[PDB]
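Structure showing buspirone engaged by 5-hydroxytryptamine receptor 1A.
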Amino acid sequence: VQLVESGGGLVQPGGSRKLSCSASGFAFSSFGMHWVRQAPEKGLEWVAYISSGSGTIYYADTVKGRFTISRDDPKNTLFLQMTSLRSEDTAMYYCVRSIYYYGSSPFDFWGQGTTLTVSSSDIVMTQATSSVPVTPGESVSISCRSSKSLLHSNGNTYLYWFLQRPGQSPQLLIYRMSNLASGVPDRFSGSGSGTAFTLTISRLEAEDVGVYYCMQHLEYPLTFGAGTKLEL
Amino acid sequence: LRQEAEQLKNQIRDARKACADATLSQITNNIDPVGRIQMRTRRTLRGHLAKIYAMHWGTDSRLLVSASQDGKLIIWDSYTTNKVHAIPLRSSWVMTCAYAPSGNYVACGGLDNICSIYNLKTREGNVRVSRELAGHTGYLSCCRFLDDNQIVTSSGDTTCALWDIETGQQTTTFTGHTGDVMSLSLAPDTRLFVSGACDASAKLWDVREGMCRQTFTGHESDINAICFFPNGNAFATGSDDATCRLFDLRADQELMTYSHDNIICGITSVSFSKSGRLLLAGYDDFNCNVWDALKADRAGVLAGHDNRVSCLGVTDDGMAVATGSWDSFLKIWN
Amino acid sequence: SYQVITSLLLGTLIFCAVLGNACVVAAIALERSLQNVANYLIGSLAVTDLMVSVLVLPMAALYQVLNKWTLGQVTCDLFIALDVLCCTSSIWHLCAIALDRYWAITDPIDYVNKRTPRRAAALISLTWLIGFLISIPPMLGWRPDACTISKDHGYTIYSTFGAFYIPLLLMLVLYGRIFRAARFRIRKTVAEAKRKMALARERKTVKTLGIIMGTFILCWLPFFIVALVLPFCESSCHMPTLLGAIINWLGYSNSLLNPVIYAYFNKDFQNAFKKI
Amino acid sequence: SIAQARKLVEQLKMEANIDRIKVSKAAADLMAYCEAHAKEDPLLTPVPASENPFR
Amino acid sequence: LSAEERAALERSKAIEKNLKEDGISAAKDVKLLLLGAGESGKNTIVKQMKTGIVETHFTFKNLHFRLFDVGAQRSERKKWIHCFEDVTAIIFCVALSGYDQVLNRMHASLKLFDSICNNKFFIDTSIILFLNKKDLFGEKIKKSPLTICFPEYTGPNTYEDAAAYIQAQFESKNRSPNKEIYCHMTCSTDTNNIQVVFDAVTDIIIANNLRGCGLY
Ligand SMILES: CC(C)CCC[C@@H](C)[C@H]1CC[C@H]2[C@@H]3CC=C4C[C@@H](O)CC[C@]4(C)[C@H]3CC[C@]12C
Ligand SMILES: CC(C)CCC[C@@H](C)[C@H]1CC[C@H]2[C@@H]3CC=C4C[C@@H](O)CC[C@]4(C)[C@H]3CC[C@]12C
Ligand SMILES: O=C1CC2(CCCC2)CC(=O)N1CCCCN1CCN(c2ncccn2)CC1
């Protein structure tokens with residue numbers, strides 16, 4: 001399972017480019033696909049969503065009308081056509097795999113991403129902790145806040161935990177609050193209630209160092225927390 | 001040696017008769033009969049375009065797998081009625097489907113003589129065949145996962161098999177049935193399972209040893225359905241002679257008979273409630289009949305299928321009952 | 001009273017027609033063993049005849065009972081258009097059922113492969129389109145106490161040929177071809193009990209085609225003979241009131257009897273009514 | 001068939017070598033389980049529609 | 001609904017659409033249950049049309065046939081015979097040159113044909129009867145009479161009359177007006193048994209359609 005994005009590079013402001021992602025190694029047509037960007041110093045910011053089958057498309061309110069997401073299921077390619085490229089559009093754009101059924105783990109695989117450089121009601125997801133100091137073997141509880149109860153009447157709490165390790169793609173840790181992602185050791189744990197949630201690392205190693213991100217998935221204005229960096 | 005076999009059978013039946021002090025009916029005349037189990041179709045699972053032969057509930061009591069002749073193995077979100085997976089089978093002649101207790105796998109099989117193991121949780125979002133278990137020379141009529149790596153299957157070749165899914169090989173073969181084996185029911189501890197066959201006999205098998213611990217012969221026609229009592233100390237068979245029977249493992253004898261004169265069709269499926277007081281049997285007369293297991297009274301009827309009710313399952317939380325039938329529908333009842 | 005007895009007979013006829021076609025539609029909706037192309041056509045014919053029985057027959061019965069059009073004139077034209085539309089649509093559902101049967105019997109490969117409920121929908125749409133094509137010109141430029149269809153000669157020909165005589169020709173041709181195909185199938189089938197069964201099949205085919213075509217004809221042909229002759233025989237031919245009314249209500253009796261021919265004589269419908 | 005006869009005879013021998021309790025004790029155990037678990041049987045006692053996951 | 005619930009519902013709807021498309025494709029299949037007894041010409045006609053169940057898929061004159069071979073199912077047939085309750089026709093194979101053989105072969109095939117004809121799941125299912133090895137039967141009928149199989153024959157020992165008597169004995173057990181038995185003589189060298197099956201299937205479809213209209 002891999003997701004390789006192409007495109008990117010320097011682009012004049014107000015110009016247009018089209019990012020692509022060449023998926024391979026998985027049933028691309030059955031996955032919903034996202035673009036999630038990240039300014040060179042800022043946190044994750046969800047761009048757009050094209051569901052499996054292309055029947056449902058969502059955009060970030062700050063990009064809606066400007067960007068266009070499309071997928072090529074026979075070609076196993078996901079696209080993001082960008083128009084009127086503002087300075088705010090400079091970011092590393094990540095292509096995020098995502099599938100939705102009962103018990104599925106959305107946002108489980110992320111692409112490597114491409115940097116695009118431009119010259120010259122939404123639920124607020126709050127994680128104020130930043131640059132938390134850690135030492136290996138210690139237990140840390142990363143906190144997270146929601147402007148609205150992420151718990152739905154179905155019983156699910158749509159909060160995600162991603163680990164943005166230095167220099168690589170975000171990696172899913174907890175998909176729905178208290179649900180451990182595949183390949184993630186059971187020293188990470190998720191817990192919370194209502195609007196407040198905690199990511200607990202039982203005995204952290206040097207690999208657990210990175211920036212930990214919230215993400216709600218309840219209403220579909222996907223908003224991230226301002227990353228909680230853990231450093232040695 | 002035939003004389004020795006006849007003498008041993010006479011000794012076994014005399015030992016069963018000696019222990020038959022008081023019938024289950026006689027002892028249970030002083031317990032309150034459940035009034036009327038009037039369950040109602042909460043959900044109707046549509047999407048199967050052929051007869052449904054098998055369904056199995058997930059251990060989460062929300063997901064269930066159904067097997068139909070349309071070549072599709074559908075996994076349902078029984079709460080929202082959503083289709084989670086639609087697994088296309090290489091052989092459409094499926095008669096059994098099992099859901100792994102972990103939830104990672106489903107099994108199915110039929111006239112292809114193969115138990116196909118499907119991985120529901122792959123890195124790729126598709127469900128694909130993890131293992132095709134070949135080695136049965138008859139059709140597979142039932143299969144049940146012991147765990148993620150062990151599955152017990154019954155076959156029309158009169159044998160049951162225990163498989164190592166990873167190696168794909170029969171860890172154990174369970175011979176001794178003289179007719180085709182229709183059904184399996186694993187014990188809750190999964191150390192032993194019962195199988196009913198077309199020789200009208202139910203045999204108790206030790207999974208680890210691989211031997212027929214006990215044999216139960218009360219039915220006069222093919223046993224199509226077998227189910228353990230929730231404590232694993234008893235099981236209920238369903239046969240073509242329009243009767244269901246309860247057999248005790250320890251007493252090694254038939255305890256109760258679940259028959260009504262106005263029921264003449266055969267029985268396709270049996271299941272117990274979570275407390276085990278209800279025996280739910282699916283019949284050829286297009287409807288499920290609910291039986292007071294302790295009293296052999298028809299506590300209710302799950303009418304609502306337009307063809308033979310071929311399969312039925314009770315959830316592990318006991319909340320719901322699903323009934324699949326030849327009319328291509330699954331109905332969730334409460 | 002002579003008015004009350006007429007009202008009672010017409011009301012019982014309307015109630016029986018409404019009940020028959022509503023029951024056919026209910027049987028098709030409530031049983032999925034009846035949800036197929038042939039029974040989609042049969043139940044659409046039932047829907048059309050229910051439209052007749054609820055939107056024309058009550059008003060036609062009041063017109064017959066009071067012997068005059070107690071309503072206005074724009075509503076008279078509206079109800080004449082409803083009458084022509086719904087009766088044309090019923091006759092062309094008879095034709096669509098005949099055509100579907102003819103294709104099933106003479107084109108089994110198409111029956112297996114290309115015959116879909118979309119074709120039933122197309123046939124129903126064509127019947128209703130012909131109904132409008134016959135009922136709109138009177139409201140357009142091709143036209144008290146008397147509510148009568150436009151006796152214009154050109155419109156008389158166009159509305160009697162297009163609604164009955166072309167349909168009668170089509171049904172005759174299609175069911176004669178069906179008759180020959182069934183007879184050829186029976187002779188392909190044909191110890192002597194097989195010969196007796198071939199003979200019984202022959203008489204069953206004769207009786208079934210007789211019921212279908214004879215009911216259609218003896219219901220609508222008198223009306224359309226009168227409706228074609230009188231506009232050209234205005235003064236030379238006089239229509240008695242009793243015979244004219246009986247002739248008019250023969251076609252409405254066809255709207256009553258179509259569910260009998262196509263649904264209540266069907267084994268599948270009988271079983272589905274037993275189940276319900 | 002010598003092999004089939006000997007296999008059947010030995011199988012019946014290990015069949016008879018089974019300890020059997022009284023059927024009265026089996027029925028008593030069946031009651032013990034049924035009323036010891038009746039309150040958690042939603043099909044025996046329907047759950048309130050609030051707690052019923054199929055409403 | 002949640003966003004994830006909405007996407008799960010979308011996936012369920014896409015699944016339903018694929019299921020509907022697959023069922024539409026499958027409803028165009030002519031399903032044939034192939035039956036017979038060992039040394040009959042089951043395999044011969046399978047080769048002419050061209051594990052526990054063998055599926056033969058062939059298209060003839062724009063009609064796609066699914067031929068289900070269940071010979072390798074040495075089980076209780078009644079336990080899975082209802083799986084083919086909805087076949088267009090049963091293709092039954094009888095070895096003509098099996099009257100003088102024993103393993104009586106022709107009585108075994110005759111009883112099998114009776115059981116299939118009068119099975120409750122096949123009361124209205126027409127049967128394409130193949131009488132295979134008619135050349136072997138003709139060679140064996142000039143030497144051995146049709147008396148070992150049928151003592152009450154009392155007929156001529158010629159190929160035509162003996163084969164017709166066998167076919168009549170096989171058709172005698174229909175006992176049903178709805179279903180037909182389409183009998184053919186084959187020799188394993190003929191290449192028209194695909195046409196025989198196609199013609200019988202078209203006759204079955206036409207007869208069923210006439211039966212629907214009340215004309216049969
Ligand atoms: C308005 C009402 C009276 C119309 C009813 C017309 C009915 C009663 C008439 C018209 C055509 C007639 C059929 C014409 C042909 C045959 C075939 C014959 O082998 C049996 C009688 C049978 C089946 C007749 C039965 C009666 C019949 C159906
Ligand atoms: C089952 C069907 C075919 C039976 C026949 C029904 C039709 C043809 C019969 C039954 C009752 C009859 C009506 C009885 C009363 C009258 C009033 C009279 O002033 C004109 C004729 C008229 C309007 C008759 C028309 C024909 C009529 C509607
Ligand atoms: O009783 C009425 C009253 C109406 C207005 C209300 C209800 C009817 C008016 C009226 O004339 N008559 C007498 C009978 C008319 C009979 N219908 C049969 C169908 N028709 C037709 N069908 C196809 C092609 C051409 N014409 C028209 C005549």
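Labels below follow one simple rule: chain letters A, B, ... track the order of the sequence lines, proteins then strands, and each chain is numbered from 1. Read the numbers this way: they start at 1 and go in the same order the structure lists the ligands and their atoms.
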- prompt: By ligand number or chain letter, where is each copy of buspirone?
  reply: ligand 3
message: Mind listing the other chains that have a non-hydrogen atom under 4.0 Å from buspirone?
response: C
task: Would you mind listing which atoms of buspirone come within a distance below 4.0 Å of any non-hydrogen atom of C:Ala163?
output: 23 (C), 24 (C)
message: Taking only non-hydrogen atoms of C:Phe164, do any sit less than 4.0 angstrom from buspirone?
response: no
- prompt: What part of C:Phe224, side chain, backbone, both or neither, has a heavy atom within less than 4.0 angstrom of buspirone?
  reply: side chain
- request: For C:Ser159, counting its heavy atoms only, list the atoms of buspirone lying under 4.0 Å from any of them.
  value: 24 (C), 25 (C)
task: Using non-hydrogen atoms of the residue, decide whether C:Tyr252 is closer than 4.0 angstrom to buspirone.
output: yes
message: I'd love to know which residues UniProt tags as binding serotonin in chain C are close to buspirone, meaning a heavy atom under 4.0 Å.
response: C:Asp83, C:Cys87
field: Protein heavy-atom partner closest to atom 27 (C) of buspirone - residue, atom, separation in Å
entry: C:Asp83 OD2, 3.5 Å
- request: Give yes if a backbone or side-chain nitrogen or oxygen of C:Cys147 is under 3.5 Å from a nitrogen or oxygen of buspirone, and no if not.
  value: yes
- prompt: Of the transmembrane segments of chain C in UniProt, numbered from the N terminus, which have a heavy atom nearer than 4.0 Å to buspirone?
  reply: 2, 3, 5, 6, 7
task: Answer yes or no for C:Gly251: is there a heavy-atom contact with buspirone below 4.0 Å?
output: no
query: Which buspirone atoms, with their elements, are less than 4.0 angstrom from a heavy-atom of C:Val56?
result: 7 (C)
- request: List every atom of buspirone that sits less than 4.0 Å from any heavy atom of C:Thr88, numbering the atoms from 1 in the order shown and giving each element.
  value: 23 (C), 24 (C)
query: Which buspirone atoms, with their elements, are less than 4.0 angstrom from a heavy-atom of C:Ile149?
result: 25 (C), 26 (N)
field: Close-contact set for buspirone against C:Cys87 heavy atoms, below 4.0 Å
entry: 19 (C), 22 (N)
query: Going by the order shown, which atoms of buspirone are within less than 4.0 Å of some heavy atom of C:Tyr63?
result: 1 (O), 2 (C), 3 (C)
message: Okay, next thing: residues with a heavy atom within 4.0 Å of buspirone - which are they?
response: C:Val56, C:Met59, C:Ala60, C:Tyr63, C:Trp69, C:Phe79, C:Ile80, C:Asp83, C:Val84, C:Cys87, C:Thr88, C:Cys147, C:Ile149, C:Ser159, C:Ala163, C:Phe223, C:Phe224, C:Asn248, C:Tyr252
